[PDB]
Chemist: 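Okay, here's the structure I mentioned, the one with theophylline.
The lettering of chains (A, B, ...) simply tracks the order of the sequence lines. Note that chain A is numbered according to the PDB entry, with residues 4-279, 282-312 shown in order. The residues of chain B that appear here are 4-207, 214-312 by the PDB entry count, in order. Both counts, for ligands and for their atoms, begin at 1 and track the order of listing. Determined by X-ray crystallography, 2.1 Å, according to the entry header. For the numbers below, each heavy atom of this structure counts, side chains included, while hydrogens, waters and symmetry mates do not.
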Amino acid sequence: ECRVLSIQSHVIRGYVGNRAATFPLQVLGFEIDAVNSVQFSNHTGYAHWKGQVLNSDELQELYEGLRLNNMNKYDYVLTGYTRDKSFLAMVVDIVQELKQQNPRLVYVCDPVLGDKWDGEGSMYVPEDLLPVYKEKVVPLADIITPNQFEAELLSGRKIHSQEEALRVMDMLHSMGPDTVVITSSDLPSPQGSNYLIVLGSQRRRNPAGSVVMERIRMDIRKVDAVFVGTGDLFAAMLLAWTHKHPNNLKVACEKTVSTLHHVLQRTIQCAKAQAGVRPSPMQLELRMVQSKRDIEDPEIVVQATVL
Amino acid sequence: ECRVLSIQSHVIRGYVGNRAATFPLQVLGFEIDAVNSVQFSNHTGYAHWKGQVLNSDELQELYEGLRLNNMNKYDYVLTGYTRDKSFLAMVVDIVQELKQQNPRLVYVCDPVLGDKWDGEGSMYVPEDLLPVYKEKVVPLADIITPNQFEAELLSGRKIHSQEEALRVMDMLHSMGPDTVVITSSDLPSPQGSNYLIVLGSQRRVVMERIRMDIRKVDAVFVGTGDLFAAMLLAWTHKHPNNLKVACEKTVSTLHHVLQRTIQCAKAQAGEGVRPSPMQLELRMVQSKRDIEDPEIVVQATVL
Ligand SMILES: Cn1c(=O)c2[nH]cnc2n(C)c1=O
Ligand SMILES: Cn1c(=O)c2[nH]cnc2n(C)c1=O
Ligand code: NA
Ligand code: NA
């Protein structure tokens, strides 16, 4: 089996965090264990929400149970939105130990920090997490999925073009991860302003022992709606597809993105049908269960360009 | 869509409570929402375990979030192992309101209280819960899945035979639930000493009673009851007026999961060697196909 330790948020209603990542990965045959970092009624995008949060001591306690039972052996660790520094610090110590047990362990990290909605975006998490991500998390990460804003904060350099983005990706590689994917863009696109850019870069040592790097690009059609959990789903699927195609970033990224496409298209349709009228957050909840078939064998609806 | 609110335990490693009921129900297309009554590193059958418990106040606030957003509309509610009196009490108040919100809501309840090994009965929860189950839970439930021991405790009458079991089930029906299934019993089967009898009764007035003779296994699995209730919910949903088929698919599904689980357990633990709780964890993920369309391997007989 292939074991994944996913430490993310949980909601009763809806799909974000572990709710967005668990079903798909289970459907794909992964033994995914879910540590819920928070338990809320629904995501914070709704008008109302209530719930509890897990603290760093409780996380450590849970890991103790696993350790005591000699069940602290994983192939992958997967994290995303993290709200607290001591929690993030604990996540770091846990990954560090799991990597000692298994040096081949792959840590997939979605470095959630914030986004843009003008020019100079804003953060979604305490600023004191940035230094921890820079000095502790990223260095341990093997695969990261920052958006442009996050790539800039992590690298400490702004991005105004594709070449600058690639330079940032090289900087991020030097910080630690062999696979870097700047998930969202807003860089010029030959197809217009209705498209966003996805850039991916993967460094690996081939059979002959040569260290090479593969770079790809995708121009994805934007959507006129605010979805939640897509980044969590993107990271989970990237994990799954790079696992299946370890030396082919292109195919891995094309399947990840296509899976997202099918889920979002189905979600958009159902959302509209449930009215007209801008759908509510509830109606825009990802149609995960209904996308089982697309998750298993996604029809490739987009092709990446080689860089 | 068919929404299900499942209030059960959560474990990081393994499959029990919500871990045993969610994946299968999702695979089957249900929009199941999971309220984790606890979050443990693994079930209590291991040498060690750590975790936290959700208290009744936390359950209420989580529900408040749903209510405030008008997301308190469910087609089903699913509960199982509960340990606190106050938590269970909070659970009935919620089902109470959810039923007020949706009169057609079906409440599937697995009355976890205890079980009888050799002959004597052992309790799994504080006895201060029995009164709550009898007086408030069961009366609210529409489908219950007690083993023989639990049925005896709920009805207050002992069972020594099949017809006494059916009379107890008639008693449980009068208490409220239209569907009653005795998932496990000490009753004898002509199939041999290695089989146990399962009895089901559904009211809809017409009554449908069925019987299944199931093979036993010299191994202790955790989460099977949780999975049984989830699947019974799923299949009774697909076949609402046919307890016979709903139970054959439910039991057939468990068979495939346990069969696969036992084989992998022995493969990991050499022949002759008794598998550990870790090796005995249900092989849920690998049973996706069996959950979607279970090959029928057991026939129920209409009584
Ligand atoms: C996007 N998103 C959310 O909106 C959210 N809300 C609560 N947890 C959450 N998590 C983990 C998340 O990733
Ligand atoms: C059988 N069983 C257990 O033994 C257990 N232990 C902790 N949660 C548990 N749940 C939800 C359960 O169903
Ligand atoms: Na992101
Ligand atoms: Na039981």
Chemist: Could you help me spot every copy of theophylline here?
Modeler: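 It sits at ligands 1 and 2.
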Chemist: What would UniProt call the macromolecule that lies against theophylline (ligand 2) with the most contacts here?
Modeler: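 Most heavy-atom pairs under 4.5 Å are with Pyridoxal kinase.
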Chemist: State which other chains have a non-hydrogen atom nearer than 4.0 Å to theophylline (ligand 2).
Modeler: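 Heavy atoms from other chains: B.
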Chemist: With respect to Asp235(B), determine whether any N or O atom, backbone or side chain, lies less than 3.5 Å from an N or O atom of theophylline (ligand 2).
Modeler: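 Looking only at distances, the answer is yes, because the N/O contact criterion of under 3.5 Å is met.
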Chemist: Extract the source organism of chain B from the PDB entry.
Modeler: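 The deposit lists Homo sapiens.
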Chemist: Checking the N or O distance criterion of under 3.5 Å, is theophylline (ligand 2) in contact with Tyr84(B)?
Modeler: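 Min N/O separation from theophylline (ligand 2) is not below 3.5 Å for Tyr84(B).
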Chemist: Just wondering where the covalent bond from theophylline (ligand 2) goes, residue and atom, if there is one.
Modeler: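 The deposited model shows no covalent tie.
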Chemist: For atom 1 (C) of theophylline (ligand 2), find the nearest protein heavy atom and state the residue, atom name and distance (0.1 Å precision).
Modeler: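 The closest one turns out to be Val231(B) CG1, 3.8 Å.
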Chemist: Cross the UniProt pyridoxal 5'-phosphate-binding annotation of chain B with the residues having a heavy atom under 4.0 Å from theophylline (ligand 2), and give the overlap.
Modeler: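 UniProt-annotated residues with a heavy atom under 4.0 Å: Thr47(B), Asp235(B).
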Chemist: Given the protein's heavy atoms, is any one of them under 4.0 Å from atom 5 (C) of theophylline (ligand 2)?
Modeler: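 Within 4.0 Å: no protein heavy atom nearby.
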Chemist: Return the residue, atom name and 0.1 Å-rounded distance of the protein heavy atom closest to atom 7 (C) of theophylline (ligand 2).
Modeler: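 Checked against all protein heavy atoms, atom 7 (C) of theophylline (ligand 2) sits closest to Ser12(B) OG, 4.3 Å.
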Chemist: Determine the minimal heavy-atom distance from theophylline (ligand 2) to the UniProt active-site residues of chain B, naming the nearest residue; round to 1 Å.
Modeler: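 By heavy-atom distance, the nearest UniProt active-site residue is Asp235(B), 2 Å.
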Chemist: What makes up the binding site of theophylline (ligand 2) if contacts are defined by heavy atoms under 4.0 Å?
Modeler: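 Within 4.0 Å (heavy atoms), the residues are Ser12(B), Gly20(B), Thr47(B), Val231(B), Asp235(B).
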